[PDB]
Trainee: 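Input: one structure, supplied below.
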Amino acid sequence: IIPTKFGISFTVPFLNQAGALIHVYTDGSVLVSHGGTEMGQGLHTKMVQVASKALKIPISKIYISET
Amino acid sequence: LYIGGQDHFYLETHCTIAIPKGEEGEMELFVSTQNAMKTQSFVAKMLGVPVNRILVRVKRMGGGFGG
Ligand code: XAX
Ligand SMILES: O=C(O)c1ccccc1O
């Protein structure tokens, strides 16, 4: 049986920064763009869940297309 | 008094390329238009898809003049 601890952050301080860009179109559909990429880890899935919670709207009105 | 109408005669006529991305109704369009917004909406409405799915790109027009 083995434990682990693992430090969270970039050890270069200036990399710990992050931008997003959001548009709401006139049918109310939402386009989210942020600096992260999807490699299978479900980042975009998580970002849609965060946006839907923050905006108080269904996930079906929110979309992430690409980085 | 009467005044006759007029043809725009932009040297470049109307033109559109549409790329369907195969995922979630996404479509990317290159179009000779003064109105990328209404282009985006009209295409979304015809497809029965949210606006956030449709991307319109306009580099330049060979004339528009309102036409
Ligand atoms: N070379 C060239 N010049 C042009 C145009 C053009 O296609 N080519 N057309 C006009 C029109 S027609 Mo209209 O209200 O949509 S009826 S307004 C308008 C105007 C739009 O351009 P801003 O001046 O707002 O940047 O450009 C003018 N000059
Ligand atoms: O500290 C890290 O884990 C790290 C990871 C990726 C790139 C630069 C970094 O400092």
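Letters A, B, ... mirror the listed sequences (proteins, then strands); counts begin at 1. Part of the entry, not all of it, is on display, and contacts are counted within that displayed part. We count ligands from 1, going down the list as the structure has it; atoms in each ligand are counted the same way. Worth knowing before you read on, the calculation uses all heavy atoms, side chains too, and leaves out hydrogens, waters and symmetry mates.
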Trainee: Which protein or nucleic acid chain has the most heavy atoms near ligand 2, under its name in UniProt?
Mentor: Xanthine dehydrogenase/oxidase
Trainee: Just wondering, what drug is modeled at ligand 2?
Mentor: salicylic acid
Trainee: Using a heavy-atom cut-off of 4.0 Å, list the other chains contacting salicylic acid.
Mentor: A
Trainee: Which residues in other chains are near salicylic acid, meaning a non-hydrogen atom under 4.0 Å away?
Mentor: A:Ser9, A:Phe10, A:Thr11, A:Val12, A:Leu15
Trainee: So which protein heavy atom does atom 3 (O) of salicylic acid come closest to, and at what separation?
Mentor: A:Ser9 O, 4.2 Å
Trainee: Could you list the atoms of salicylic acid found under 4.0 angstrom from a heavy atom of A:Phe10?
Mentor: 1 (O), 4 (C), 5 (C), 6 (C), 7 (C), 8 (C), 9 (C)
Trainee: What is the nearest protein non-hydrogen atom to atom 10 (O) of salicylic acid, stated with its residue, atom name and distance?
Mentor: A:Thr11 OG1, 3.0 Å
Trainee: Any atoms of salicylic acid less than 4.0 Å from a non-hydrogen atom of A:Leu15? List them with their elements.
Mentor: 8 (C)
Trainee: Between the protein and salicylic acid, are there any N or O atom pairs that come within less than 3.5 Å of each other, and if so, what are their names and distances?
Mentor:
from           : atom 1 : to      : atom 2 : distance (Å)
salicylic acid : 1 (O)  : A:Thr11 : N      : 2.8
salicylic acid : 1 (O)  : A:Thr11 : OG1    : 2.8
salicylic acid : 10 (O) : A:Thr11 : N      : 3.3
salicylic acid : 10 (O) : A:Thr11 : OG1    : 3.0

